[PDB]
S.K.: 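Here we have a deposited structure with 5-azacytidine present.
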Amino acid sequence: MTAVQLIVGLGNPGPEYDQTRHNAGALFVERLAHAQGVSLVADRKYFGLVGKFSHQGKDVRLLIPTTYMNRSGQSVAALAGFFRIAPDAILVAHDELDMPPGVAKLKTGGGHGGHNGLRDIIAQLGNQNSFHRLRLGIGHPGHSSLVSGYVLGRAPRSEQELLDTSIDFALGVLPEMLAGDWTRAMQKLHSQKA
Ligand SMILES: Nc1ncn([C@@H]2O[C@H](CO)[C@@H](O)[C@H]2O)c(=O)n1
């Protein structure tokens with residue numbers, strides 16, 4: 001029903017955070033941009049890297065915020081506000097503790113689950129949580145005390161590859177996602193196995 005006009009990939013900026021688990025969303029958008037031949041331009045006005053492509057006669061934008069994760073909403077609100085994009089036309093890709101590496105799922109709305117990127121977006125969008133999420137499994141360390149070090153760590157080879165695989169799976173349902181056919185996207189996606 002509602003075409004996606006903005007795809008956001010969450011991550012922390014800088015060499016220290018590059019390739020860490022918490023940057024799974026940004027990796028997805030990087031991959032997507034490369035596959036679609038889209039340049040990601042550093043644009044201070046949107047506090048991030050912004051790309052654009054055309055699909056079915058509409059501009060679709062790609063955003064990787066270059067705020068810290070906990071201020072990602074500032075970036076999403078700037079770009080969405082400027083182009084008058086409603087939450088229902090936004091997809092946010094992010095790392096998900098509650099699914100293992102190799103699993104990707106889609107979800108509309110819900111809470112943030114302790115993810116400070118998602119939390120700031122919900123807050124900045126005038127407390128609207130009804131955007132869509134691409135949830136990219138990164139596994140869970142096994143206790144709450146270990147979570148912060150875990151998401152800011154670099155995963156071993158095996159887990160990284162599994163993430164790459166889930167990103168591949170998600171890119172396979174891009175047509176459905178872009179069209180806003182979440183029902184069909186979920187059917188195709190939630191039946192894949194790494
Ligand atoms: N439950 C939970 N707790 C924390 N975090 C992230 O860990 C990072 C480093 O502390 C923070 O930026 C949270 O987004 C998270 O993603 N989920």
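Positions are given from 1, in the same order as the sequence printed here. No hydrogens, no waters, no symmetry mates; every other heavy atom, side chains included, goes into these values. Atoms within each ligand, like the ligands themselves, are counted from 1 in listed order.
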S.K.: State which chains or ligands correspond to 5-azacytidine.
M.R.: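 That would be ligand 1.
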S.K.: Which polymer chain has more close contacts with 5-azacytidine (ligand 1) than any other, using its name in the PDB entry?
M.R.: Peptidyl-tRNA hydrolase
S.K.: Please list the nearest protein heavy atom to atom 1 (N) of 5-azacytidine (ligand 1) with its residue and the distance rounded to 0.1 Å.
M.R.: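 The closest heavy atom on the protein side is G113 O, 3.3 Å.
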S.K.: Take every heavy atom of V151, measure it against each atom of 5-azacytidine (ligand 1), and state whether any distance is under 4.0 Å.
M.R.: yes
S.K.: For atom 5 (N) of 5-azacytidine (ligand 1), find the nearest protein heavy atom and state the residue, atom name and distance (0.1 Å precision).
M.R.: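 Minimum-distance protein heavy atom for atom 5 (N) of 5-azacytidine (ligand 1) reads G114 O, 3.3 Å.
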S.K.: Which residue of chain A listed as active site in UniProt is nearest to 5-azacytidine (ligand 1), and what's the minimum heavy-atom distance to 1 Å?
M.R.: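 The closest UniProt active-site residue of chain A, by heavy-atom distance, is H22, 3 Å.
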S.K.: Does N70 approach 5-azacytidine (ligand 1) within less than 4.0 angstrom via side chain, backbone, both or neither, non-hydrogen atoms only?
M.R.: neither
S.K.: Could you check atom 10 (O) of 5-azacytidine (ligand 1) against the protein and tell me its nearest heavy-atom contact, residue, atom and distance included?
M.R.: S148 OG, 2.8 Å
S.K.: Does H22 reach 5-azacytidine (ligand 1) with a nitrogen or oxygen that is under 3.5 Å from one of the ligand's nitrogen or oxygen atoms?
M.R.: yes
S.K.: Identify, by atom number and element, the atoms of 5-azacytidine (ligand 1) in contact range of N116, meaning under 4.0 Å from any of its heavy atoms.
M.R.: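 Contacts of 5-azacytidine (ligand 1) toward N116, numbered from 1: 11 (C), 12 (O), 13 (C), 14 (O).
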S.K.: Find all atoms of 5-azacytidine (ligand 1) within a distance of less than 4.0 Å from any non-hydrogen atom belonging to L152, and give their numbers and elements.
M.R.: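 Taking each heavy atom of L152 in turn, 5-azacytidine (ligand 1) has 9 (C) under 4.0 Å.
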S.K.: Using a heavy-atom cut-off of 4.0 Å, which residues UniProt lists as binding tRNA in chain A are that close to 5-azacytidine (ligand 1)?
M.R.: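 In chain A, UniProt ones with a heavy atom near 5-azacytidine (ligand 1): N116.
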S.K.: Considering only heavy atoms of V147, which atoms of 5-azacytidine (ligand 1) have at least one such atom less than 4.0 Å away?
M.R.: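 Once the distances to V147 are compared, the set is 2 (C), 3 (N), 4 (C).
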S.K.: Listed by chain and number, which residues of other chains have a heavy atom closer than 4.0 Å to any atom of 5-azacytidine (ligand 1)?
M.R.: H22, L97, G113, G114, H115, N116, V147, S148, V151, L152
S.K.: Dump the pairs for me: 5-azacytidine (ligand 1) N or O, protein N or O, distance under 3.5 Å, to 0.1 Å.
M.R.:
from: 5-azacytidine (ligand 1); atom 1: 1 (N); to: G113; atom 2: O; distance (Å): 3.3
from: 5-azacytidine (ligand 1); atom 1: 3 (N); to: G114; atom 2: O; distance (Å): 3.3
from: 5-azacytidine (ligand 1); atom 1: 5 (N); to: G114; atom 2: O; distance (Å): 3.3
from: 5-azacytidine (ligand 1); atom 1: 10 (O); to: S148; atom 2: OG; distance (Å): 2.8
from: 5-azacytidine (ligand 1); atom 1: 12 (O); to: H22; atom 2: NE2; distance (Å): 3.4
from: 5-azacytidine (ligand 1); atom 1: 14 (O); to: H22; atom 2: NE2; distance (Å): 2.9
from: 5-azacytidine (ligand 1); atom 1: 14 (O); to: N116; atom 2: N; distance (Å): 2.9
from: 5-azacytidine (ligand 1); atom 1: 17 (N); to: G114; atom 2: O; distance (Å): 3.1

